[PDB]
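The next PDB entry has atropine among its components.
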Amino acid sequence: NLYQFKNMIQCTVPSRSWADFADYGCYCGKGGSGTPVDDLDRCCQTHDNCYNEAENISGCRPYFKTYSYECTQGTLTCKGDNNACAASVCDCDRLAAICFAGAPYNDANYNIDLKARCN
Ligand SMILES: CN1[C@@H]2CC[C@H]1C[C@H](OC(=O)[C@H](CO)c1ccccc1)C2
Ligand SMILES: [Ca+2]
């Protein structure tokens, strides 16, 4: 669920608050369209596409589905006690959190004008 995703990010990128990723580029956050603006935005596009896939699973609501995961000692793990939906969503979030940590953050790309720049 989104609370868990926030915590994955807080755990893989403790140097930056999480709100830093909540409205970035064309894909991080509410946004979902256009040319990704940089590598971090690409991490968000993959994440967004991963959620759209998970939504194909019956009753599967990625923002809301509570899954089972752990973050400690630098490692994030989706646990084996996850159903198909939980496992899929947990995987999307884990991959995105890892991606976020490896991607440069560009202050210029925070809170861009989606309507004009993401067609
Ligand atoms: C309800 N939340 C979603 C749609 C609008 C808001 C904020 C969104 O934020 C994100 O999509 C990013 C990137 O996945 C994110 C960053 C930090 C916490 C939660 C989500 C998801
Ligand atoms: Ca999005």
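One is the number of the first residue; the rest follow in order along the sequence. Atoms within a ligand are numbered from 1 in the order they appear, just like the ligands themselves.
Copies included, the model assigns atropine to ligand 1.
Contact analysis gives the chain with most pairs under 4.5 Å to atropine as the one UniProt calls Acidic phospholipase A2 3. At a heavy-atom cut-off of 4.0 Å, the residues contacting atropine are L2, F5, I9, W18, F21, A22, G29, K30, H47, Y63. Summary of contacts: the protein heavy atom closest to atom 14 (O) of atropine is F5 CE2, 2.9 Å. Using a 4.0 Å heavy-atom cut-off, the UniProt Ca(2+)-binding residues of chain A near atropine come down to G29.
Those atoms of atropine that come under 4.0 Å of a heavy atom in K30, given as number and element, are 5 (C).
Residue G29 has at least one N or O atom closer than 3.5 Å to an N or O atom of atropine. Residue, atom and distance of the protein heavy atom nearest to atom 3 (C) of atropine are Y63 CE2, 3.0 Å. Here is the list of atropine atoms found below 4.0 Å of a heavy atom in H47: 14 (O). The PDB entry names the source organism for chain A as Naja sagittifera. Scanning the protein heavy atoms around atom 13 (C) of atropine, the nearest turns out to be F21 O, 3.6 Å. The protein non-hydrogen atom at the shortest distance from atom 6 (C) of atropine is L2 CD1, 4.5 Å. In the vicinity of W18, heavy-atom distances shorter than 4.0 Å reach the atropine atoms 17 (C), 18 (C). Lab note: no covalent bond from atropine to a chain modeled.
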